[PDB]
Asker: 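Structure with ibandronic acid attached for reference.
Lettering follows sequence order; numbering is per chain, from 1. Both backbone and side-chain heavy atoms feed into the values below; hydrogens, waters and symmetry mates do not. Structure determined by X-ray crystallography, 1.9 Å. All ligand and atom numbering here is 1-based and tracks the order in the structure.
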2 protein chains.
Amino acid sequence: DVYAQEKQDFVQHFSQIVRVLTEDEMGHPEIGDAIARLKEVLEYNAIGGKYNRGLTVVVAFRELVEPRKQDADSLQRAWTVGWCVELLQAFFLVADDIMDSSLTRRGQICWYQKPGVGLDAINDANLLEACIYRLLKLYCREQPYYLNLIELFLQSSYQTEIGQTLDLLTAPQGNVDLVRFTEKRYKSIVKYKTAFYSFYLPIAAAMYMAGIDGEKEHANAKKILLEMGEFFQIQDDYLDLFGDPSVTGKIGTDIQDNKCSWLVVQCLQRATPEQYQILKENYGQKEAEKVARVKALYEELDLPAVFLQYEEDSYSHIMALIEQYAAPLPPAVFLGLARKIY
Amino acid sequence: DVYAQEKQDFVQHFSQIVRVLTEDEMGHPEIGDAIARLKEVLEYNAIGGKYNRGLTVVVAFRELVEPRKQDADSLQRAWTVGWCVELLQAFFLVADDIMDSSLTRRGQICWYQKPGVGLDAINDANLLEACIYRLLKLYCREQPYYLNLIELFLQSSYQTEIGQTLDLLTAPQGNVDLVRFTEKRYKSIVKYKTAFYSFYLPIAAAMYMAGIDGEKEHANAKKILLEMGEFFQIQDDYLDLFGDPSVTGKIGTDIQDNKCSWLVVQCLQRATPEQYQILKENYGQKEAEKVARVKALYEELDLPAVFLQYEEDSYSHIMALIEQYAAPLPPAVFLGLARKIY
Ligand SMILES: CCCCCN(C)CCC(O)(P(=O)(O)O)P(=O)(O)O
Ligand SMILES: CCCCCN(C)CCC(O)(P(=O)(O)O)P(=O)(O)O
Ligand SMILES: [Zn+2]
Ligand SMILES: [Zn+2]
Ligand SMILES: [Zn+2]
Ligand SMILES: [Zn+2]
Ligand SMILES: [Zn+2]
Ligand SMILES: [Zn+2]
């Protein structure tokens with residue numbers, strides 16, 4: 001709701017993001033072709049998603065900053081930082097799609113799968129990352145929270161990349177990796193690869209912009225936000241297999257990629273030795289029939305109903321955490337986020 | 001000389017770099033496997049080079065900072081920042097080797113070509129980049145030049161990535177791209193992809209650490225250092241084809257990769273229409289015989305003698321620039337660098 005009534009404005013501001021990321025270099029004609037390639041990268045890879053992470057910066061900013069301090073310049077900085085979180089996401093997704101050998105993203109073919117792009121996409125991804133710090137300098141250099149924001153984005157990237165490392169290490173291609181797929185391992189992976197940048201980062205950014213920099217307030221916010229992030233990634237795992245492709249915008253690869261997904265972890269906890277064997281001989285391979293066998297096993301073990309029940313229990317757990325840890329922040333900050341993902 | 005007598009110490013300090021980049025996370029057991037993977041990444045990809053860029057930080061620091069201010073802690077910060085430049089290099093090289101489809105680097109098989117690594121190397125590369133800002137925070141957070149260093153590394157990365165973008169855009173695979181290969185295009189590519197991070201960055205870092213932050217002193221240093229960087233990349237292009245593989249540590253790919261190298265640019269300037277045609281039908285392709293035909297054409301046009309002459313003329317030009325622009329810095333700062341690359 002509050003996201004919906006910030007959204008269209010948020011998106012309209014992308015043109016200014018792209019203009020400033022192109023004009024700040026108009027003094028250097030020789031890099032014109034690169035700046036043009038950057039524009040094409042931005043428009044293909046930063047547009048077409050739900051923009052939830054960026055909108056969260058904007059929404060939380062409005063709720064944390066006194067209305068009389070919400071001048072036009074402060075608002076502009078708010079939705080610039082929001083777009084920075086979107087650019088970080090864009091960076092991650094371009095690189096992750098190569099590494100997961102994915103086909104489609106946000107309803108179109110993955111950037112790297114586009115003819116003429118290929119592994120040049122690696123440099124495109126790093127360029128998207130670079131844009132973050134260009135925008136922070138351009139818009140936030142003279143603000144008291146400047147360094148707090150730089151370090152938050154840098155730290156969030158490190159954490160996410162540690163998470164990606166765990167994701168990859170736990171899913172070696174061509175191996176049978178079932179004994180590695182535990183609940184304890186899973187919770188660690190998603191905490192790092194998803195939870196910090198998708199939930200802590202956006203709220204923390206708005207917090208620092210509102211002058212809320214205390215270690216205690218950030219630790220309490222984090223308690224709520226990392227648990228939301230854990231649920232969100234479990235949801236991502238569920239939809240990878242059981243989601244509507246016209247809604248998700250992308251084709252799942254978790255089974256073919258031998259991933260430690262919530263689904264396989266739950267499967268393992270429930271499987272008979274006979275089902276375990278079936279899982280063992282069909283998981284982590286590219287053959288459609290082997291993947292289909294896995295999905296059949298998940299359905300036989302009623303993992304969809306297990307998920308639906310987990311979703312409700314998680315929601316209740318998250319709301320309990322908000323009762324405990326939200327103060328002194330407006331509870332609406334976390335409630336609006338929860339409403340978005342549940 | 002001054003590099004040689006700083007070197008072994010510089011290298012010995014790598015163990016402390018690796019220890020601190022592993023222990024700063026010992027409070028988080030769950031990411032142990034990732035930290036182990038990080039260690040393996042560091043040891044494979046940050047070791048085995050000449051360390052010229054890192055040593056330059058250390059050497060320039062000793063020459064710019066008054067001896068009485070060179071305490072043990074300041075020295076330690078100096079060779080930490082030196083290793084940061086080495087980590088940036090490591091980041092770039094891992095990614096560049098994937099994008100150039102290279103086989104060997106520093107005398108061993110490229111990281112991504114190592115069995116079991118593959119495109120996971122993309123995340124490894126970004127992890128190396130992340131380590132830079134972890135070390136700066138760990139060692140330099142309370143220093144007055146902290147933000148200057150963060151912004152210098154971030155800006156240098158952006159510039160290098162713009163350069164990489166130009167490098168890639170000018171070398172589309174499967175196309176004949178000769179008309180794109182001009183001197184003007186070439187100078188732009190190497191200014192951005194090589195010159196800023198390999199020469200300006202290390203000296204600028206030492207400068208900020210010495211308290212030299214004036215725009216004018218940095219602009220004058222840059223005048224010398226970007227020209228050195230241009231020569232250095234021309235040298236890199238020459239050695240890609242004409243260097244001794246047991247000395248370079250790597251196999252060239254510029255011709256197969258259809259690159260705008262100094263060599264092809266010089267070839268084009270000198271070729272008859274008949275030689276142009278030969279270049280056109282053999283450049284940018286993977287067949288050994290076609291590559292060999294190109295190298296034969298270069299040798300027929302005596303590009304090796306052209307290079308040797310250019311190297312001498314460039315040296316003289318660089319020394320002239322040092323006479324003009326070195327003050328108020330010790331000329332030895334730039335002379336030691338020049339001696340390293342010429
Ligand atoms: C490069 C860092 C990637 C961080 C991974 N994120 C969770 C987003 C990518 C995914 O969620 P996605 O389902 O591919 O969108 P994955 O399930 O592969 O983790
Ligand atoms: C990812 C950014 C790469 C920057 C490129 N640098 C010049 C180092 C790589 C090279 O010098 P290298 O010869 O492969 O070591 P390239 O000739 O491909 O440019
Ligand atoms: Zn993915
Ligand atoms: Zn992934
Ligand atoms: Zn997923
Ligand atoms: Zn290369
Ligand atoms: Zn290259
Ligand atoms: Zn080269």
Asker: List the ligands or chains that belong to ibandronic acid, copies included.
Answerer: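 Counting all copies, it's at ligands 1 and 2.
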Asker: State what ibandronic acid (ligand 1) is bound to in this structure, picking the chain with most contacts and naming it per UniProt.
Answerer: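 Most contacts: Farnesyl pyrophosphate synthase.
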Asker: Enumerate the other chains with heavy atoms less than 4.0 Å from ibandronic acid (ligand 1).
Answerer: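 Heavy atoms from other chains: A.
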Asker: Listed by chain and number, which residues of other chains have a heavy atom closer than 4.0 Å to any atom of ibandronic acid (ligand 1)?
Answerer: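 With heavy atoms under 4.0 Å, it is A:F92, A:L93, A:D96, A:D100, A:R105, A:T160, A:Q164, A:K193, A:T194, A:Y197, A:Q233, A:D236, A:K250.
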Asker: Suppose we measure from atom 12 (P) of ibandronic acid (ligand 1) to each protein heavy atom; which comes out shortest, and what is that distance?
Answerer: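 Result: A:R105 NH2, 3.7 Å.
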Asker: Name the UniProt Mg(2+)-binding residues of chain A with a heavy atom closer than 4.0 Å to ibandronic acid (ligand 1).
Answerer: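 From UniProt's list, the heavy-atom cut-off leaves A:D96, A:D100.
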Asker: Considering heavy atoms of the protein only, find what lies nearest to atom 1 (C) of ibandronic acid (ligand 1) and give residue, atom and distance to 0.1 Å.
Answerer: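 For atom 1 (C) of ibandronic acid (ligand 1), the nearest protein heavy atom comes out as A:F92 O, 3.4 Å.
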Asker: Which isopentenyl diphosphate-binding residues annotated in UniProt for chain A have heavy atoms under 4.0 Å from ibandronic acid (ligand 1)?
Answerer: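 Of the UniProt binders, a heavy atom is that close in none.
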Asker: Looking only at protein heavy atoms, identify the closest one to atom 3 (C) of ibandronic acid (ligand 1) and say how far it is in Å.
Answerer: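 The closest heavy atom on the protein side is A:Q164 OE1, 3.4 Å.
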Asker: What is the closest protein heavy atom to atom 17 (O) of ibandronic acid (ligand 1), and at what distance does it sit?
Answerer: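 Of every protein heavy atom, A:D236 OD2, 3.0 Å lies nearest to atom 17 (O) of ibandronic acid (ligand 1).
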Asker: I'm curious what other ligands or ions sit under 4.0 Å from ibandronic acid (ligand 1). Any?
Answerer: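 Within the cut-off sit ligand 3 (zinc ion), ligand 4 (zinc ion), ligand 5 (zinc ion).
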Asker: For atom 19 (O) of ibandronic acid (ligand 1), find the nearest protein heavy atom and state the residue, atom name and distance (0.1 Å precision).
Answerer: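 That would be A:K193 NZ, 2.7 Å.
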Asker: What organism is given for chain A in the entry?
Answerer: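 According to the deposit, it's Homo sapiens.
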Asker: Got the closest protein heavy atom to atom 6 (N) of ibandronic acid (ligand 1), with its distance?
Answerer: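 Checked against all protein heavy atoms, atom 6 (N) of ibandronic acid (ligand 1) sits closest to A:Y197 OH, 3.8 Å.
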Asker: In the protein, which heavy atom is nearest to atom 18 (O) of ibandronic acid (ligand 1), and how far is it?
Answerer: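 Looking only at protein heavy atoms, the one closest to atom 18 (O) of ibandronic acid (ligand 1) is A:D100 OD2, 2.8 Å.
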Asker: For atom 9 (C) of ibandronic acid (ligand 1), what's the nearest protein heavy-atom neighbour? Residue, atom name and distance, please.
Answerer: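 For this ligand atom, the closest protein heavy atom is A:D96 OD2, 3.4 Å.
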Asker: Only heavy atoms of A:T194, strictly under 4.0 Å: list the atoms of ibandronic acid (ligand 1) that pass.
Answerer: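 Per the distance check, 7 (C).
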